[PDB]
There are 2 protein chains.
Amino acid sequence: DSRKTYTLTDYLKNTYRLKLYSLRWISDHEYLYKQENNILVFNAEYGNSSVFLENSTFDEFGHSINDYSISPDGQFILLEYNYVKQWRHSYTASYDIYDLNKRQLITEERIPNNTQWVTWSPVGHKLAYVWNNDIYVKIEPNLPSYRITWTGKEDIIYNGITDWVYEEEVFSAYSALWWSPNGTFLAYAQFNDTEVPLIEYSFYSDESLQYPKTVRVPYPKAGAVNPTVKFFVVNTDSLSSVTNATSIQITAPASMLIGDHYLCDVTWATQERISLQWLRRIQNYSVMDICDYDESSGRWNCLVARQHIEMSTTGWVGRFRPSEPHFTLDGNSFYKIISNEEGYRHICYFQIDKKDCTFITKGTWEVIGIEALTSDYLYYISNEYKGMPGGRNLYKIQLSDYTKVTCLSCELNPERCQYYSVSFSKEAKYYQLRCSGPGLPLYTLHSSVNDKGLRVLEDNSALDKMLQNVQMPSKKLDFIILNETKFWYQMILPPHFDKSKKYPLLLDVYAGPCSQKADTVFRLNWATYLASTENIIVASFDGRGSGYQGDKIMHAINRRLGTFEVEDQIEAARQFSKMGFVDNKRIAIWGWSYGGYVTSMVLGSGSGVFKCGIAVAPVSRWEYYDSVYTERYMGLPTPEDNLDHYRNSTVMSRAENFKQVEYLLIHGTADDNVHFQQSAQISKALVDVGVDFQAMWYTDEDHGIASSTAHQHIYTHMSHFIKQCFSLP
Amino acid sequence: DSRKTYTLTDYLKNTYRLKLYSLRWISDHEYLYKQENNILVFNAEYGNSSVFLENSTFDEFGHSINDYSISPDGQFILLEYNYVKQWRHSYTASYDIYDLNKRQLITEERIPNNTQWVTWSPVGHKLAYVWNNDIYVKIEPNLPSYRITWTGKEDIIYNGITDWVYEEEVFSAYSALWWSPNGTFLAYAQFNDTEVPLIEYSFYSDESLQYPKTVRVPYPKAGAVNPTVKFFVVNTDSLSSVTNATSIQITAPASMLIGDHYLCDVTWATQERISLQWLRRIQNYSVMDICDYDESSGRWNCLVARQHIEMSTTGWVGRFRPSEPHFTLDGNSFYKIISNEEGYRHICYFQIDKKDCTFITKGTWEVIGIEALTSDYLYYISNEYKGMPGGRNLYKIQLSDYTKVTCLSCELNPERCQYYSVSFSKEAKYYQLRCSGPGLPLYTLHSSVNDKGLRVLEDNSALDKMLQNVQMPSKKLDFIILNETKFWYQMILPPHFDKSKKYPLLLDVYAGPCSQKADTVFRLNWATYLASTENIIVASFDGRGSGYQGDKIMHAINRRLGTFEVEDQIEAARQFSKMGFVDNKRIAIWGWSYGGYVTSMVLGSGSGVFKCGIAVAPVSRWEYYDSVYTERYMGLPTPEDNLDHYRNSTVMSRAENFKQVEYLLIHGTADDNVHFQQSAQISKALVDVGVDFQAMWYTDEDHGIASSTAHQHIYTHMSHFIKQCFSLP
Ligand SMILES: *[C@@H]1O[C@H](CO)[C@@H](O[C@@H]2O[C@H](CO)[C@@H](O)[C@H](O)[C@H]2NC(C)=O)[C@H](O)[C@H]1NC(C)=O
Ligand SMILES: *[C@@H]1O[C@H](CO)[C@@H](O[C@@H]2O[C@H](CO)[C@@H](O)[C@H](O)[C@H]2NC(C)=O)[C@H](O)[C@H]1NC(C)=O
Ligand SMILES: *[C@@H]1O[C@H](CO)[C@@H](O[C@@H]2O[C@H](CO)[C@@H](O)[C@H](O)[C@H]2NC(C)=O)[C@H](O)[C@H]1NC(C)=O
Ligand SMILES: *[C@@H]1O[C@H](CO)[C@@H](O[C@@H]2O[C@H](CO)[C@@H](O)[C@H](O)[C@H]2NC(C)=O)[C@H](O)[C@H]1NC(C)=O
Ligand SMILES: *[C@@H]1O[C@H](CO)[C@@H](O[C@@H]2O[C@H](CO)[C@@H](O)[C@H](O)[C@H]2NC(C)=O)[C@H](O)[C@H]1NC(C)=O
Ligand SMILES: *[C@@H]1O[C@H](CO)[C@@H](O[C@@H]2O[C@H](CO)[C@@H](O)[C@H](O)[C@H]2NC(C)=O)[C@H](O)[C@H]1NC(C)=O
Ligand SMILES: *[C@@H]1O[C@H](CO[C@H]2O[C@@H](C)[C@@H](O)[C@@H](O)[C@@H]2O)[C@@H](O)[C@H](O)[C@H]1NC(C)=O
Ligand SMILES: *[C@@H]1O[C@H](CO[C@H]2O[C@@H](C)[C@@H](O)[C@@H](O)[C@@H]2O)[C@@H](O)[C@H](O)[C@H]1NC(C)=O
Ligand SMILES: *C(=N)[C@@H]1CCCN1C(=O)CN[C@@]12C[C@@H]3C[C@@H](C[C@@](O)(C3)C1)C2
Ligand SMILES: *C(=N)[C@@H]1CCCN1C(=O)CN[C@@]12C[C@@H]3C[C@@H](C[C@@](O)(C3)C1)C2
Ligand SMILES: *[C@@H]1O[C@H](CO)[C@@H](O)[C@H](O)[C@H]1NC(C)=O
Ligand SMILES: *[C@@H]1O[C@H](CO)[C@@H](O)[C@H](O)[C@H]1NC(C)=O
Ligand SMILES: *[C@@H]1O[C@H](CO)[C@@H](O)[C@H](O)[C@H]1NC(C)=O
Ligand SMILES: *[C@@H]1O[C@H](CO)[C@@H](O)[C@H](O)[C@H]1NC(C)=O
Ligand SMILES: *[C@@H]1O[C@H](CO)[C@@H](O)[C@H](O)[C@H]1NC(C)=O
């Protein structure tokens, strides 16, 4: 073989690009799609298109447009520019509204600069936005806004947006507002961070800045004072008729008010029914309220007969949080993924005023998500097919007969496609399937009326062609047996892999709770280069604490982070040695964030198994990490709760054992998530016991170390280190 | 040769220790010396001693005594403990006073904890101290203190202590107090930092600290708002318990008040006469006032006819600041080192009443310091002998005939001793000579009347005998010629140096203005190990900008930092590389602080001479560094002054050129002097152009990276780097 390999530059420079097919449904029949910077509108049924917006219409704009969004009634388009990243989901931007009917920009009563969030109402063209931490509503794009809150205060009161920890760990979003289905009501959360301590770090900025700035962010570490939260609902239809519309508060249940708690889910059921889930700071107890608008008092009432309790005896509640309900049209019943009696997550069906639900799925596998619900059918994704926890398929269950379950995706192309996600049109008339492995991504459009394939949207044949000329690595997905339990693993194997030979191995680790690093997804990444060009086997292993396989496995690390998930990685490497194709003198380990923690814990174990390793942005001590995430698994760091284990599971206390390995420690200085502090303490502890190691900081890079130049620099730096670790004398 | 070499462990663990002999003169006849933790008093003429304080008198004190300070009359001893370092000179401590007559500790009116500075009067046993930024005076150790100032405010108003930049760059001390010769008056400065911006950086502290703290320090970077200063004198003989002490202000001259200025020298002339020097922010103009106490006014008058102006047309004034005056017994005249018309630093004799001074020394060499003055002789150290700029000897000059100059140290032991410093008794009746190279240090006692060598105090006999069993490197001091000028260099040469072998070479650079790295001093440092064990030649070179050779050389870099002194290093290495015993494929460079800057500029020069280098806490951009030092050499970074060269002289601009070298960049995160910022911006510029390099941060280390564990760690890491750089294919 004399084909070129997949090299480091190929990865860093994106030589071989995955084609996507990102569409946005605007109705039950139509979707939008970007073709050569034009925006086309497509008829789902026939596949014909038209130009919705010519690529030329905003040359005279004066600003580089970042993104757009169309009002649901098709009458307006929201143009977003001056985009400035904040945290994982948050950012600020400017906005203009373009009137698609007058084919003109709106120049009156403009959305202000430095707007934090904006969203159309779900019907029509109402807008709600957050600016300087307060909520505003526009009934009409050209008309003046109604202010909803006056309490907004930078770093202190957040109305309709999350603070740092709620954004990262609770809502996976910045926005904390929720329009009712037809846009009458605007629900929102308000966060009070008054007593939450600040993380403080330097940001150096462009070379031209003389004095570095100090970034200060309300951020509760483990056991510290959390933000408090309140929930309100305003009737936006009353705005133009009243001076100052009343925000009606819906208070948390008594069982929550006794202590620290979180708002963890908001979901509208009908025009006049909203559901809330609350979670105790000790995250093994949650309560759902279901609240009705009382038309004669203007108030919101949550009948205790409608309150649902979700708890856990073995761990926390939910995968990362209690799951969302999906309500039937009339809002009198709902479906919800919950852990069954055997510890497997399955769909349960509830009447809103009956406490016991009925399971509609069951088995030793898990429902990943409920994707759509019609009067006749519920569609969901599971890992049922072939008992593969790392696969994903779309299924359709008949609501009038639960024994009738069709797999909609399983056999479409079983060799090429074992990992699916889906996108339904507005009333589930059509669906896009997105296959993402083990072969090249494949996007297809389907019609729900008959589940017939309409057309291939994108098959990546261009890439496939290019990839023929390349000595691509292969992926093996399998399992090994420990104490009568299956534990899955994957291996990125060099091309022409020969079992008779001994190979350097890199163990690519994450291993946080409910993580899954062994799966059927096709990836073009650093591992691809290492296996293809450097002939390294890159392995990953889902041990105790890993997800999608039941609570027996997932909750094994409950209150005990830094134990089983760490030792199971070490054991994995041992088992790979036994397999006979691994050079046991050349075993390396690496990971990012939770993977950095695990890597460091493994390198400090004294096991003798690993020659070297790389921790990027590691956690080093659970008390440095945020409350919501950490406490979920570890409880509170107090003598009466779990302090002993918090203190026993630090990287620093293993500093002496790093004498036996080669270590590379890397961290962005402006990491708002895993604070530079965490590596600063590892390095100090290593210096303190006389251990030599390698280090790299990335000035002004955050958790992602994702700026174009830093991304290339870090993977270059890590490649040299691995190659040095591995090469033969 | 079966002998051990001088290893890295020997340097790090201090296996071979230089013996010292640190005495304190208490009179014209006697000195104190700490021996076996006992304090002894020595008669200088005979050599006999008595015990002044037994090593056990404080056995039940309950604290470790950091240090001691005996009152000038011998009646009291100030005990220092709870020492907590601040910057280069500043610290706080607790103090107790022990009465030597009563043989007991004083327990009433104790000096407060967290005392910032304390000092005895020059005669007797009065005390002045600073606490919470205010000045206090005790007439007697057991009596209540009088409060002198009431304006002290942390980080804002400093009475009798310096702020950050005055401590580091002006006085090389924390104290800003000056007793009159007999203790009647206490002079002091007051610093006001209200509008000085703060440098801010993280401090991580011990592992147990959950949130890092932010350290905030008033620190003016180049061009920023400086502290303002006032000067005051208070009579300590007329203090009352009833009324608030009165301080008399001496205002700066009009020529200073017109703009930003500094107080740069305070020197008492008589019991009732004080001199002060002031320096313009543009540091090429200074003025001395000489101020007489007026008994009927109770005021201090500085006659214009007694002003002395000192300026420079080619650079700044003085080496690092205008030199100190040395007044005669009547205070009517004084001696002062100033740059002569040839640009060489020599002793000028001034009358307080007359504008023209008279040079009493001349020649192409320089006076280092005036050391002692009698009515018959002035004693000084110069580098006159053998025309060697890097040697130092003690001379006396006859005041009645300037042609009569006698060298007192030159011929004592020319082979071992070419570098001296001196300590004189109270009326210069006796002097101690401290030889520090080229051989092992040698301390001798002498009497002034006929310059008799009385006795050897310490000859390092023991060390000599240990060193005979080690393969020690030698030192070559020599010169090269550039455009007709001698420039000196030194080489630390491996044992058994062979002019026919080719050795790798490390350029140890500092090269700041007025620096000297080529000298006759004996040193046991990192270079010693590199030469003795690794057989690396370690060279240093004094090019343009270097000190003690006249202003033509020293002022060459005026307004032009990062030019000629960087060029001259490259040129020296170029010349070394053409010598027969230097391997031109293995030339490295390293330096700390100003040396880190120069090392970085050299590596980024594109010269191709250097294979690798190490920068420790480098400056990278002159606008990041402090006003007093930077502006001395650079002027102001404004478009109408010197901004273009501030911007042309950054390390960052040369990032591209690092592509062809190996670079290790190291910095302490708690460096208050050269901020971590400076390295953060270097790394970021290197990342931006795709250059790989090596880095190490030291968590919570300041500029010295001097904690015992960090110090071992940095040198271990640098040793690995140099060894790898010099390892042969
Ligand atoms: C709209 O109503 C709210 C609620 O009463 C007003 O906000 C209050 O204003 C007073 C006085 O300014 C404060 O003391 C209260 O704490 C505020 N309450 C809340 C819940 O924020 C608001 O000012 C009204 N807006 C207008 C324009 O009248
Ligand atoms: C959206 O839903 C809301 C809430 O049910 C509707 O508002 C109610 O409409 C009925 C008319 O059938 C009135 O009797 C009530 O007074 C309304 N209640 C409130 C709180 O406004 C609203 O009409 C619906 N909007 C649309 C466009 O259909
Ligand atoms: C939620 O988690 C906590 C901690 O695991 C549980 O509290 C423990 O409960 C048992 C049984 O009452 C006690 O013996 C322990 O002392 C408790 N530990 C504490 C308070 O730290 C709590 O019971 C859990 N809730 C559920 C439903 O399992
Ligand atoms: C220290 O300096 C500041 C100015 O840098 C002085 O504050 C000024 O004082 C005058 C008179 O009191 C006011 O009119 C100004 O408005 C003040 N300026 C600022 C910026 O605050 C302060 O008085 C000085 N302190 C001492 C003790 O001398
Ligand atoms: C220290 O010097 C001061 C200043 O000259 C002496 O104080 C003066 O002494 C004279 C002569 O006795 C008095 O008439 C003056 O009134 C004093 N001046 C002041 C300003 O107080 C003082 O005597 C000297 N101290 C010692 C211990 O000798
Ligand atoms: C102190 O230094 C400054 C800066 O070099 C000198 O000011 C310069 O003087 C010349 C001639 O008078 C002017 O043409 C320049 O424009 C000035 N430069 C600046 C930046 O102002 C000043 O003359 C020096 N003082 C002495 C005594 O030499
Ligand atoms: C797409 O075409 C629509 C025309 O309807 C006919 O399309 C023919 C191709 C054929 O299949 C007939 O059966 C259909 O009745 C038209 O109404 C839509 O406006 C077009 N949509 C877009 C986005 O261009
Ligand atoms: C130091 O010596 C003094 C003792 O007298 C000396 O006289 C010399 C002339 C010579 O003959 C010596 O042998 C004698 O010892 C005495 O006054 C000092 O107090 C002594 N001790 C000290 C200063 O600690
Ligand atoms: C690194 N992985 C850090 C340290 C341990 C927790 N981790 C987080 O960033 C936690 N936040 C999330 C939780 C889940 C899974 C990951 C993506 C996220 O969006 C959802 C946020 C990490
Ligand atoms: C490193 N050398 C830094 C950056 C450039 C100047 N430098 C300083 O620390 C300046 N301060 C002094 C100035 C002189 C020489 C050195 C010792 C000192 O006490 C007197 C303080 C450095
Ligand atoms: C605009 O659209 C046309 C296709 O109709 C295409 O040729 C052109 O490249 C597009 N321009 C940009 C800037 O995307
Ligand atoms: C936003 O910023 C610019 C000034 O930088 C201004 O001209 C523009 O009008 C602003 N937009 C709005 C909506 O205020
Ligand atoms: C936020 O909480 C603090 C107490 O922590 C309180 O004083 C303040 O009023 C609150 N602000 C609100 C709810 O707007
Ligand atoms: C210094 O600190 C100790 C211990 O807290 C205290 O008892 C003592 O009184 C302090 N000294 C003075 C002079 O205040
Ligand atoms: C001295 O001055 C200070 C501050 O101005 C004042 O508070 C104090 O009362 C004064 N004391 C006397 C005795 O005048």
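The chains are labelled alphabetically, A first, in the order the sequence lines are listed. The residue numbers of chain A are those assigned by the PDB entry, with the residues present covering 38-766 sequentially. Going by the PDB entry, the residues shown for chain B are 38-766, listed in order. Side chains included, hydrogens not; waters and symmetry mates left out as well; all remaining heavy atoms used. Method reported for this entry: X-ray crystallography, 2.4 Å. Remember, it's 1-based here, ligands and their atoms both numbered in the order they're listed.
The chain with the most heavy-atom contacts to ligand 10 in this structure is named in UniProt as Dipeptidyl peptidase 4 soluble form. At ligand 10, the drug present is vildagliptin (bound form).
In contact with vildagliptin (bound form, ligand 10) at heavy-atom distances under 4.0 Å, by letter: B. Examination of the model shows the covalent partner of vildagliptin (bound form, ligand 10) to be B:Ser630 OG. Within a 4.0 Å radius of atom 21 (C) of vildagliptin (bound form, ligand 10), the protein contributes one or more non-hydrogen atoms.
Counting protein heavy atoms only, atom 12 (C) of vildagliptin (bound form, ligand 10) is closest to B:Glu205 OE2, 3.6 Å. Taking only non-hydrogen atoms into account, the UniProt active-site residue of chain B lying closest to vildagliptin (bound form, ligand 10), to the nearest 1 Å, is B:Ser630, 1 Å.
Looking at atom 3 (C) of vildagliptin (bound form, ligand 10), its nearest protein heavy atom turns out to be B:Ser630 OG, 2.6 Å.
Counting protein heavy atoms only, atom 7 (N) of vildagliptin (bound form, ligand 10) is closest to B:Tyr662 OH, 3.3 Å. Counting heavy atoms within 4.0 Å, the binding site of vildagliptin (bound form, ligand 10) comprises B:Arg125, B:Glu205, B:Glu206, B:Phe357, B:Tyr547, B:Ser630, B:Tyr631, B:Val656, B:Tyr662, B:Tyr666, B:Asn710, B:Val711, B:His740.
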For vildagliptin (bound form, ligand 10), run through the N/O pairs with the protein that fall under 3.5 Å and put one pair on each line.
{"unit_1": "vildagliptin (bound form, ligand 10)", "atom_1": "2 (N)", "unit_2": "B:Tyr547", "atom_2": "OH", "d": "2.9"}
{"unit_1": "vildagliptin (bound form, ligand 10)", "atom_1": "2 (N)", "unit_2": "B:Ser630", "atom_2": "OG", "d": "2.4"}
{"unit_1": "vildagliptin (bound form, ligand 10)", "atom_1": "2 (N)", "unit_2": "B:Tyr631", "atom_2": "N", "d": "3.1"}
{"unit_1": "vildagliptin (bound form, ligand 10)", "atom_1": "7 (N)", "unit_2": "B:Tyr662", "atom_2": "OH", "d": "3.3"}
{"unit_1": "vildagliptin (bound form, ligand 10)", "atom_1": "9 (O)", "unit_2": "B:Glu205", "atom_2": "OE2", "d": "3.1"}
{"unit_1": "vildagliptin (bound form, ligand 10)", "atom_1": "9 (O)", "unit_2": "B:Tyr662", "atom_2": "OH", "d": "3.1"}
{"unit_1": "vildagliptin (bound form, ligand 10)", "atom_1": "9 (O)", "unit_2": "B:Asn710", "atom_2": "ND2", "d": "3.2"}
{"unit_1": "vildagliptin (bound form, ligand 10)", "atom_1": "11 (N)", "unit_2": "B:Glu205", "atom_2": "OE2", "d": "2.8"}
{"unit_1": "vildagliptin (bound form, ligand 10)", "atom_1": "11 (N)", "unit_2": "B:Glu206", "atom_2": "OE1", "d": "2.9"}

